[PDB]
Amino acid sequence: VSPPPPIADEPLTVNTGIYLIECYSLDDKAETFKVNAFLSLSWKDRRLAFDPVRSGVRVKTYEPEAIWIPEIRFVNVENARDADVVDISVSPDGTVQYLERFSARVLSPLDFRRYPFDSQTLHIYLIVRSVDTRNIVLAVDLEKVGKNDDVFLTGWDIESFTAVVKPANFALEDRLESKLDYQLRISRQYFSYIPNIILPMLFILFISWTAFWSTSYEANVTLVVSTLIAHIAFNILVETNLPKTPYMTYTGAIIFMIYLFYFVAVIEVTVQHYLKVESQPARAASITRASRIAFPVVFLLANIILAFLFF
Amino acid sequence: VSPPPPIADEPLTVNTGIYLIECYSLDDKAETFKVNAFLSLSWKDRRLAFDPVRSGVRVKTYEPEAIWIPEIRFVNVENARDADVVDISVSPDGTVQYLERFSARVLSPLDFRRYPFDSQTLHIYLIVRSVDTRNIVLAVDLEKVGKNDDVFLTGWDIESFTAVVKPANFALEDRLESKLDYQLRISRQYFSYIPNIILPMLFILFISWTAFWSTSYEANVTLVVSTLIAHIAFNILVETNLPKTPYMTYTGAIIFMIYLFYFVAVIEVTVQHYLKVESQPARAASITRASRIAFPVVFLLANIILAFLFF
Amino acid sequence: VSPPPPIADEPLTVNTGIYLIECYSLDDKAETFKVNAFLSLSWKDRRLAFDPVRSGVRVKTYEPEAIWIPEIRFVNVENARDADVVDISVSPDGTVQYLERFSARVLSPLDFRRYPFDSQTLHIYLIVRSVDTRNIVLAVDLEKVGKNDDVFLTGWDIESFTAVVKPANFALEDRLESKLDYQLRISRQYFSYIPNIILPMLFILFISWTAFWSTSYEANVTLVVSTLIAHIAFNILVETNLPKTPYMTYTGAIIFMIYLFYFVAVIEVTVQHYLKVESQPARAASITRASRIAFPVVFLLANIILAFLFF
Amino acid sequence: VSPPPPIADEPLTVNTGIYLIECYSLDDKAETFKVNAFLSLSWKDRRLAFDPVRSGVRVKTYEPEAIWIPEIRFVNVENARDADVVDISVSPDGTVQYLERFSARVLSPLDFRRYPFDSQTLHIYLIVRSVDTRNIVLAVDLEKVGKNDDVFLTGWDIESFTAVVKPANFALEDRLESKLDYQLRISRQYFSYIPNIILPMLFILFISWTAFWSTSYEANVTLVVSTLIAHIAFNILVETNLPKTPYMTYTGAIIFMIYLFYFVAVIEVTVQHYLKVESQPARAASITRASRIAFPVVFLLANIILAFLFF
Amino acid sequence: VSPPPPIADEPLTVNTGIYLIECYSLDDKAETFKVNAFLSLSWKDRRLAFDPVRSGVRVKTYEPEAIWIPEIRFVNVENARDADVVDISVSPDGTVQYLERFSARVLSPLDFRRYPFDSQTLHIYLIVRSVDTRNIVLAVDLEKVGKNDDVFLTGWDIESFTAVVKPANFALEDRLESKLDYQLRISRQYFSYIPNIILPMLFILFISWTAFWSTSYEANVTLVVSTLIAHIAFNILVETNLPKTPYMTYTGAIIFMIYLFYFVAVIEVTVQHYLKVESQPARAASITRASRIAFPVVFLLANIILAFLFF
Ligand SMILES: CCCCCCCCCCCCCCO[C@@H]1O[C@H](CO)[C@@H](O[C@H]2O[C@H](CO)[C@@H](O)[C@H](O)[C@H]2O)[C@H](O)[C@H]1O
Ligand SMILES: CCCCCCCCCCCCCCO[C@@H]1O[C@H](CO)[C@@H](O[C@H]2O[C@H](CO)[C@@H](O)[C@H](O)[C@H]2O)[C@H](O)[C@H]1O
Ligand SMILES: CCCCCCCCCCCCCCO[C@@H]1O[C@H](CO)[C@@H](O[C@H]2O[C@H](CO)[C@@H](O)[C@H](O)[C@H]2O)[C@H](O)[C@H]1O
Ligand SMILES: CCCCCCCCCCCCCCO[C@@H]1O[C@H](CO)[C@@H](O[C@H]2O[C@H](CO)[C@@H](O)[C@H](O)[C@H]2O)[C@H](O)[C@H]1O
Ligand SMILES: CCCCCCCCCCCCCCO[C@@H]1O[C@H](CO)[C@@H](O[C@H]2O[C@H](CO)[C@@H](O)[C@H](O)[C@H]2O)[C@H](O)[C@H]1O
Ligand SMILES: CN[C@@]1(c2ccccc2Cl)CCCCC1=O
Ligand SMILES: CN[C@@]1(c2ccccc2Cl)CCCCC1=O
Ligand SMILES: CN[C@@]1(c2ccccc2Cl)CCCCC1=O
Ligand SMILES: CN[C@@]1(c2ccccc2Cl)CCCCC1=O
Ligand SMILES: CN[C@@]1(c2ccccc2Cl)CCCCC1=O
């Protein structure tokens, strides 16, 4: 239990590898996911070397307390991960192969700008702090980095899991720290949002537009106000599935714009009635006649303009 | 505490058995259930053999630290299960009988396509990793696999609990791994969904169709829009009890279709009024007269077509 | 730490007693409650006997590790209970008095058929597994079974706490198991449901029936549809306080029936208007006149019939 | 580790003191709060006495395992409190000063009758069980009982924290138990309920009363039914912030009464229309004219009568 | 394991430093956030001093049990923090450098008066209790106080993290206590509240004001009551995101005021109809004509007055 000293003054390299067994619980509001994975570590501790011939074994086993093991920690987790050591195997030249299975709740932020058509890059950061008698550095053994074929992140498609090979070394409170960037890349499954949120929301909007083929204020006011309410619901529904971003989300813009198309419609519906009461069904009907086209056209127009600004 | 070595080079076979004591908390959104069960392990460690005559006992007891026990783990769990060792009993020939009682939260995905008339196969996967001095293989002792008669999974009927006898062996990071597939088969209890969701949803739809026996736009608009709102509620209610699937669920299709039957009805209700205002109660009433049949018939028609595509 | 051997071949009897200190968190959806209680155990381990005269003490103390203690476990709990040993007292003849204070979350199912006028029998099952060198059997020391006068289960009245004196012995995976049935009997406090759910729900229904003293379709449709909506709310409110039962609950029937009385009312309201438009205020008014009596009488009739089927 | 024996046969007195550092999470539905406090214990164990002169120290330190410490426990907590021993200090005459810092979730019931103008007395009960070789009794060292000035119970005003000096001694399962009653006295902060619940609820009610200055059934029905719905919302909102009491709460009565004033109003609104249709605007208008006064006066009357029965 | 004694009678100074790694879960209702940080401690324990020349090391390592470490605790946390010791490094003069990584849930109250345009000062209080053989005092090593550049508090902007250098010393139950005030300063990200809550709420209000350009009571009542309902929703939405303050929040005032502008509008809408029925379209229309200006002007007026009182 003290770090393997340098036959010189080289920094000690620890080889890391993560193999995801489960991803689950990608919580958008909290911006967390839960992982369940193999962590693999490898470094040379010459003090542990031995003879295959004399000792008679090709490889020797140790319990974690027996030998020095590098204090590797995750940077962006809620709590210290729950780890369970699975195997420590030393080879004759003093090469250690560490293997734990852990579970942690990771805290990587998401970009909601293109929601629900967004993609994310999840981050799991490995870090290790250098000790007083030598510098420890992390490196990625690509051979030991992966994920099993089952790994299903409910509601998301998993594109890739890779590590940035080059550690970011830097100084944190006196000693030096080595940080590795594992990257889980995912894209949201947009399908459900279509029949659940987007279409219904459009339907109630279209239903509102039939007031342009009506002359009854007593009824138009009921069409336009009733649906505006239904819209409010969908609005609230959506913003309870989402963290409060300081930027504007796509679904948020669309949802907000539609408020305008309701307010303008209530205006037109009111203007039209104001005329009819003053005996002007002529002016009214010419406005009402334009609305029937102006709305769907300015809508299908502005949506195009949003999509542009967003994709 | 080191694996029983081979009188040859055979792999060491561990015999497994799971006996469910409780299933509970089948959470559809998270796609998890909680289990509370006996895990039973059995293998031969010849080093532990003894004489009944001399030693005077037909069977000897050991504490878990005393002997080597195979590191068996669950693949698809949230966290390492909580286990409590109940008994370790060694027989004269060096046969070990291990028995723990554990509880875990298992993570097996569900298929919602036929919801709420769906059936699921829950999976509990046992795995064991081979050590450096021999290969460990899992096997199923059917005699030790079952569930007690109480085991009640609230809201589900339990059909069966069996294991696939043949382990999937494969290589994971250097060493070989042996994985067993225990399978809990359940079918959802569809009853409640009938008076709680399905019928009410139909009733409000039928109530909407009485606008076809009315000439009052001021009222039809109130019938059709008011119920469309009630429908929206049921829609939201249902989609908060369900994970966001990238496929279409039965209840989801039915619920989405009904939106169309609301939008078409608002159209007809509007068309009819447009005629009456132009003085055409003739054309109107002939359309309105067809609707009274076309709707219920196209509905009862399309539902049949869905059920088909789904079952 | 090995079981007291038989001066013969009798099974070892352990005397149990549970004394509830707290019940709390009766969760209807989950069908669990949380308990906080004394567990008391007593058995004879002759090896522990001693002389009062020589040893000078009337009774001797031991720490749990010092002596063999029977592995007693709860059958229907979420996780192994949290226990804290309070006292172990051995008397001269080798009689042990064990006493722990534990807390567990128990998993006993409820019957909702008569909800909210229902009563439940909660179950806490003690179990013990026989060891290889003798059979262990549980028994109830009634003197040590009870609950303190405070024990308040929020929202429920506690009728009784008793144990079934006769253990169910049976064989589970090789060895024999002894199971005791402690029974907590409770009845739901129905009062609040009256002003919170039941009356309001009736009031909105009665408010709907004033359409029978009206000839205005434009208004009846608003009365009947608006209240049907309010009803839907109460329906949803109630079914979020309740697990999804595969049987029909009382409140559920009542709530479902009322849907019918809304659908029929919308029919009558429509029929009446259809006549009036065809110039038939005569036929209309004779129907409308009957409704004013038929409804309240068929309602008060059918409710009686439900109560019957249910109580 | 065995209790200090009596130089006679006196019971051993343990002096207790609680000093709250944090109160937080007063959960009305669960009737729990969370505490974070100093527990202080003091008793005489003569075996521990020593000489200041020879030993050279005015006071000696011990680790909890070194000496016997009385098993003090909380009666009304969810789980055994988390404790962290801060200090054990023995004085020459064998006087022990124990000090832990703990946190627990306490389970004291609340009285909602005057909600939200209610006050509560929270209870923390210390208990200790007598051992076989002498009787232990609790007492309150007032000097060591208090709370820091910060202690802020979000949404409540803290009036006082005191202990009932006289322990309740009694026999529980063979041995004698000593129980102390610490009492945290709080009064609810009623302010927010005013602009959030009470006034809005009144406003929508007043808005409903403008139907008394209207002759339009088509509109009155919309005023009265629409607001009755808004009221239902506030009702539901309030009863989800509150446990289900078997008695009647103030806010509950007020909220329930208002249902009546809606049902009567719908009646009057209907009666008035019934007359007008029979050509009787005379009778109608005389009723409608009374309502304009009868309602506000019978309301402001009945509220006074409730407040009376409740305060 | 006993405190370093004074070469005199000076108090022992412990140097503290906190370096935030994660902030997350700022829960407004509970008034808590979760922290994940380095705690750094440093003090002189001369008993530990040694010779670099003889001993051959520039610095020596110890496990936490080996040496005396000051019992530093957080004042305002839910539970004793989870700590993991990262390093203990002793320098020849007996200077100790302690370093743990901890996570706690902190309990600092927020000021909602200017919500959602508010700023907060979060507090993390370190405390240490003096022992019987000397006084311990805390101090801030500024060099060891900070936060990494990632630290993202979802929905908030982080302005600063600093410590008040001067400890508050005071007496708590016999001994002296030293308390340090670490201060995390944050300002809320108000943006989202604009399109999500504030504008929608204004739009529905404006939509209500179109009743001033209408003469139809049957319709005005529907406009004004329908939107009052939508407003109620937003009100409820907002007050479920917020603790119940005994003071008035900005959003709360605005939301409450708007109720008045609904009640007055319903009055005017009623007054206008009352006149029209008495044949007075003259008086009506002069009132209605003023409203069209009075409302928007008294609104835009009063809002200015609130903003003033609040900022
Ligand atoms: C058009 C304008 C008006 C529109 C009206 C819209 C109405 C919207 C109302 C919807 C209310 C539904 C509230 C939540 O419903 C369910 O209530 C139950 C009561 O507790 C929840 O119980 C569950 O809790 C977990 C999630 O909270 C689940 O995963 C668990 O399995 C389950 O116990 C269910 O998960 C939860 O989904
Ligand atoms: C015609 C149709 C009628 C339509 C009207 C229906 C309106 C219904 C709206 C009801 C609002 C629902 C949300 C209530 O706000 C609060 O939301 C909080 C979560 O954001 C909840 O938080 C609480 O959770 C525990 C209960 O499970 C409490 O014990 C906790 O103390 C509290 O934090 C509160 O319990 C809960 O009261
Ligand atoms: C025009 C549209 C038609 C219908 C309009 C919408 C009507 C439906 C609105 C219903 C709102 C539901 C009120 C909030 O739900 C309840 O709030 C209570 C207080 O927060 C919940 O209390 C519970 O909290 C957990 C919820 O997950 C449960 O597990 C606990 O057992 C229980 O304490 C109840 O379990 C939970 O059912
Ligand atoms: C006329 C005035 C307007 C009237 C209409 C306004 C009514 C608007 C209806 C509001 C319906 C919202 C119901 C709650 O929906 C969902 O309830 C589920 C039940 O549990 C939630 O489930 C989730 O809860 C966590 C949030 O803390 C997530 O992080 C979890 O991953 C997820 O299980 C979802 O997050 C949550 O989005
Ligand atoms: C005329 C009848 C009235 C018209 C309709 C009445 C209004 C009905 C709309 C009320 C629905 C309000 C939604 C509540 O669900 C939300 O769910 C979110 C998660 O899905 C919550 O998120 C938060 O939950 C904790 C408890 O509030 C917070 O402290 C957490 O920080 C945050 O994650 C939000 O705080 C919580 O407000
Ligand atoms: C698809 N995931 C696998 C798996 C990998 C690691 C742990 C568990 C599993 Cl079930 C399944 C068996 C072949 C190997 C493989 O990749
Ligand atoms: C129905 N479950 C049982 C049970 C099995 C295992 C553990 C507890 C239980 Cl009460 C009940 C007693 C007979 C044996 C049996 O299968
Ligand atoms: C009512 N419960 C008591 C109690 C019993 C056991 C534990 C705590 C408590 Cl206060 C209160 C004191 C008299 C004895 C009794 O039954
Ligand atoms: C107001 N609470 C104090 C406090 C008391 C105990 C623990 C922490 C803290 Cl802050 C603050 C400093 C003066 C003493 C005091 O009462
Ligand atoms: C921005 N935060 C950093 C960081 C600091 C401490 C722990 C983890 C990390 Cl990731 C990232 C790498 C440069 C140093 C730094 O401040």
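All chains are named by letter (A, B, ...) in the order of the sequence lines, taking the proteins before the strands, and each is independently numbered beginning at 1. Order of appearance sets the numbers: ligands from 1, and atoms from 1 within every ligand. Just so it is clear, the values below take in all heavy atoms, side chains as well, and ignore hydrogens, waters and symmetry mates.
- The name recorded for the drug at ligand 7 is (R)-ketamine.
- In this entry, more contacts with (R)-ketamine (ligand 7) come from one chain than from any other, and UniProt calls that chain Proton-gated ion channel.
- Chains touching (R)-ketamine (ligand 7) with a heavy atom below 4.0 Å, listed by letter, come to B, C.
- Near (R)-ketamine (ligand 7), within 4.0 Å on a heavy-atom basis, the structure shows B:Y19, B:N148, B:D149, B:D150, C:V75, C:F170, C:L172, C:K179.
- Of the transmembrane segments UniProt lists for chain B, numbered from the N terminus, not one has a heavy atom closer than 4.0 Å to (R)-ketamine (ligand 7).
- Under the PDB entry, the species noted for chain B is Gloeobacter violaceus.
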